[PDB]
*Asks:* 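Working on a deposited model featuring garadacimab. Questions ahead.
In what follows, chains are A, B, ... by sequence order, proteins preceding strands, each numbered from 1.
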Amino acid sequence: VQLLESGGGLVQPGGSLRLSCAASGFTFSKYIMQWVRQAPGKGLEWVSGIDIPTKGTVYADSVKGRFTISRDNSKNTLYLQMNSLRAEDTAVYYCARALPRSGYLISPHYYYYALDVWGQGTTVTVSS
Amino acid sequence: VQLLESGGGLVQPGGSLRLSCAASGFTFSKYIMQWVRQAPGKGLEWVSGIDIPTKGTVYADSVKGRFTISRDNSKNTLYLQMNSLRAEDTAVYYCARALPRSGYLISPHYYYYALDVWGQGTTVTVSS
Amino acid sequence: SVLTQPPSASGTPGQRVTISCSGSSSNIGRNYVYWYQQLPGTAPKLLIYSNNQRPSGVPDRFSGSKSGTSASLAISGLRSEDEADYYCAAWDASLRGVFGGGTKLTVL
Amino acid sequence: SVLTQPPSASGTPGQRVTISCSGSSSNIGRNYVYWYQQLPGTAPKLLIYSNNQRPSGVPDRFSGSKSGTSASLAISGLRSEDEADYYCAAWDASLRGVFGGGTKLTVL
Amino acid sequence: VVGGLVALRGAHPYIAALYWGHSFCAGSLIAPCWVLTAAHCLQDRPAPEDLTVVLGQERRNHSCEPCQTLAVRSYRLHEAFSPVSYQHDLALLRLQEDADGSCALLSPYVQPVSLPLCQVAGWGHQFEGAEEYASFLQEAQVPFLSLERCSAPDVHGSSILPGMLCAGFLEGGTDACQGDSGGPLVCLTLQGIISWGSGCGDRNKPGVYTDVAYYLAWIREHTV
Amino acid sequence: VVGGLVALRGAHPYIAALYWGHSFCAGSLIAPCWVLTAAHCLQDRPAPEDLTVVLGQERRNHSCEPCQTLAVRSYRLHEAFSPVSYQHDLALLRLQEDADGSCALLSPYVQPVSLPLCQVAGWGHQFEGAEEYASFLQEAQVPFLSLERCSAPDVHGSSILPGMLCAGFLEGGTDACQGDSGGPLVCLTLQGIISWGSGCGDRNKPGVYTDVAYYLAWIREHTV
Ligand SMILES: *[C@@H]1O[C@H](CO[C@@H]2O[C@@H](C)[C@@H](O)[C@@H](O)[C@@H]2O)[C@@H](O[C@@H]2O[C@H](CO)[C@@H](O[C@@H]3O[C@H](CO[C@H]4O[C@H](CO)[C@@H](O)[C@H](O)[C@@H]4O)[C@@H](O)[C@H](O[C@H]4O[C@H](CO)[C@@H](O)[C@H](O)[C@@H]4O)[C@@H]3O)[C@H](O)[C@H]2NC(C)=O)[C@H](O)[C@H]1NC(C)=O
Ligand SMILES: *[C@@H]1O[C@H](CO[C@@H]2O[C@@H](C)[C@@H](O)[C@@H](O)[C@@H]2O)[C@@H](O[C@@H]2O[C@H](CO)[C@@H](O[C@@H]3O[C@H](CO[C@H]4O[C@H](CO)[C@@H](O)[C@H](O)[C@@H]4O)[C@@H](O)[C@H](O[C@H]4O[C@H](CO)[C@@H](O)[C@H](O)[C@@H]4O)[C@@H]3O)[C@H](O)[C@H]2NC(C)=O)[C@H](O)[C@H]1NC(C)=O
């Protein structure tokens, strides 16, 4: 089980950028895929999620209307289209998975809605 | 879960007798039904079994060809037709159930091929 | 098939006694072992299944082990309520459940 | 939603420290709480899920509890390898996973 | 239902069977055009045109003379349902009216259950790791458990949220299991919806239901 | 298969799917007219006319162009199979010849596996209490475990009888599960038949197989 992020770099303010998260070692269909960003010297911040039950796609209010998260299940990869990147979007963007809850039984073997596996992280710099 | 035996009594040697075991509180279709006899002052002795996997009906050598075990699943009852009852067939006849093994998984909840539930026992006397 | 058990055993309350069962390669060494307890005038009660597993309601002080063609039952923290008949059980090649001779456990 | 955490915490090796998380009735009092540890320069690591459950590989010395709108994480048998960032997590009414501010645990 | 018994032919005329794709769960006829089930049955949000409702049934997915097959006009998950915690785990199915506006025909085998010695029924697993559903509809007697016993640290702790209830034994044995989701708990009145449980018939782990009396106003508002 | 992965379309051409009634399990094509499976699959002894064998398949019970449906002439459970202990847990299926005496047509997707880095495959439960079978054929890498580790008191003790073997991890995770019975363990040669296991992916409880090399003479004698 491995997650690999890519697409980070230096962007001018107001620009655009797209992130990628390649997945290996697990079925990229039974898990919720998320973006979490780590601004330098700050804490974690949940950005986006996909295939969340009772929802289609959830965005944080700070990135709503500018960020788009999508999947390519055939390529086993996760995308994050970031537009209108303002100054405080600088962070280390993480890609993580969470197992959704399915039916009657909850088992200690399976870790529901917990971010058990993360990626290394890709650095996004928005500076002029 | 309850098992009730009936049909015991005093029989002349060479006679015939039929035992009954009414079942309640459990499905009389998913369990192996057995007869075990307790001769006075002796130990246990397995007599007959029905719906044993890979077999149809198993008899002890001491009762083979004289005893017939059968079911009435609609009546939830178990029978034991005893014929040519000789002298050392005197015993307290017990009716018990055992859960068969089904597939890949063995669970601590379910007690496979173990005689977990018995009956009170019915007394058979073969004397002249 | 047949299973060999000591005719009787004795013990003092609070002690630990062992009931042993001896079999062959067709019943015990090839299959599980089961233990049953029978108080006088009552039906047998399941104690051990799968050579080491206890049904719910049976105290942890009853222990069973299997080693090849021999099986044993241990009763630690012996009480006066353990005076009963103990039988080992198995199934032979043609299924056909088999019982041991039985052991008279006495609590002195 | 937002979760409130102390900025930092301190401890001596072998001691027991507690990390507390404070929330509202829409995230913590209405849903599970999760804990993550992040060493410097590394990705976060799952510590606690379902307010008290540990993933395999996490030592038993990490304990989590939830009581209403507040949650806490305890680290007993503190070692020098526990110097990390600790975050509480939850999901709000519109799912949308929420993270706490983070606590700087120092091993002195 | 682990540790249960085969129900009689006309024992639970209010139970409903829901089919879509390869997925199945149960429900409760609370009105001629209304079936009440669990919100987590339909949390993947299938189309209402993909849903099949069978009323009057005894064997799972077997045709019978009293069986009644119906389509679903629409369903309404609870607006506050949490897929993470399974709180507000209830949904309402609206059945499809025929030409003369009759959704379900009442019969000795099809009959709605009233809204507010408890009994649980379903076609779920009869054993904890069962490979197949129960062919016959199983039933079981489970006592109602107090909320203080629900929220005990050794039983369920803080997982018990408002709107939930416990039913079963702290010693294990008889309980609901996988495949019983959405099924009825009748004490007759509908008192629970089979919602979730950690294991099937474990000690100190009884099944958790949806307190139907907690959501009476929601049901009355959204069944008009 | 818990903790496994979706197999490729032409990854396991030797795997077979067996259907009768509502029952299902897997197998291994060892010859054009011979399928090797578990004895406990067929311990209730259904009629050979009730058995359906599908070769070349990827989705469970879904028709495909390379799929091949075959009837069963007869099956032979092992004469010493114990339903109590699951020893000698293997059976042989004889497929039905057509007019010109060809049982299975060899193709890139239908191919027998040879008889004597281990891999286990099946359509079983992907989670311990799963409600449905795996739709896609799952695969997993499981190491072979030593017999001394098999018969350890903390792993399996005296339950490991001659003819059995272990495969998987003592830490849990990846393992076989319910629904995988009779499936292959290939290390390619067939080295095991998915036989039994106490739990799915438990710590110190790896899955138990049938040692195919232990029964080579039996297979050679009863496949002539
Ligand atoms: C048993 O479960 C069946 C579903 O499960 C499958 O089958 C079983 C045997 C197992 O193999 C299981 O593993 C499978 O997954 C269930 O089948 C359902 O039966 C109903 C019967 O009414 C079907 O509804 C009819 O559908 C046709 C066309 O269906 C297509 O479109 C729908 C809409 O998306 C798709 O979901 C389907 O897959 C098809 O692609 C309609 O033409 C027809 O309309 C008529 O009836 C309606 C309602 O009465 C009227 O309003 C109309 O005017 C017409 O008069 C039905 O709507 C349903 O498609 C089918 N589902 C599946 C997945 O096959 C079966 O009913 C269960 N039986 C029992 C006894 O419980
Ligand atoms: C999927 O699984 C099917 C079985 O499972 C059921 O269906 C699925 C969809 C689920 O709903 C599940 O829950 C159900 O339990 C399986 O169905 C099988 O398909 C084969 C197709 O060849 C059928 O065989 C044919 O049977 C007919 C008549 O069958 C009757 O008699 C048999 C014998 O006892 C009974 O078992 C049946 O129940 C019927 O009562 C024969 O006429 C026919 O003969 C022809 O073919 C043979 C062999 O090729 C030739 O020798 C002859 O000369 C003829 O040319 C077939 O033998 C089988 O009955 C059927 N079983 C069931 C239970 O329905 C299906 O194949 C699976 N599909 C895939 C892709 O895996």
*Asks:* Okay, which bits of the structure are garadacimab?
*Replies:* chains A, B, C and D
*Asks:* Just trying to sort out this structure - which chain has the greatest number of contacts to garadacimab (chains A and D), name per the PDB entry?
*Replies:* Coagulation factor XII
*Asks:* Can you tell me which other chains reach within 4.5 Å of garadacimab (chains A and D)? Heavy atoms only, strictly under.
*Replies:* E, F
*Asks:* So, with heavy atoms and a 4.5 Å limit, what does the epitope of garadacimab (chains A and D) on chain E come out as?
*Replies:* E:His40, E:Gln43, E:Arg45, E:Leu77, E:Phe81, E:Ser82, E:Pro83, E:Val84, E:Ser85, E:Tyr86, E:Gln87, E:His88, E:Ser158, E:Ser159, E:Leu161, E:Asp175, E:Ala176, E:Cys177, E:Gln178, E:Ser181, E:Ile194, E:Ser195, E:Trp196, E:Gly197, E:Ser198, E:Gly199, E:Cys200, E:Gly207
*Asks:* List the residues of garadacimab (chains A and D) with a heavy atom under 4.5 Å from a heavy atom of chain E.
*Replies:* A:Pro53, A:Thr54, A:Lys55, A:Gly56, A:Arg101, A:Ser102, A:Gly103, A:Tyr104, A:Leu105, A:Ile106, A:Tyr113, D:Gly29, D:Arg30, D:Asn31, D:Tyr32, D:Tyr34, D:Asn51, D:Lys66, D:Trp91, D:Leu95
*Asks:* Any idea what name the entry gives to chain D?
*Replies:* Garadacimab light chain variable region
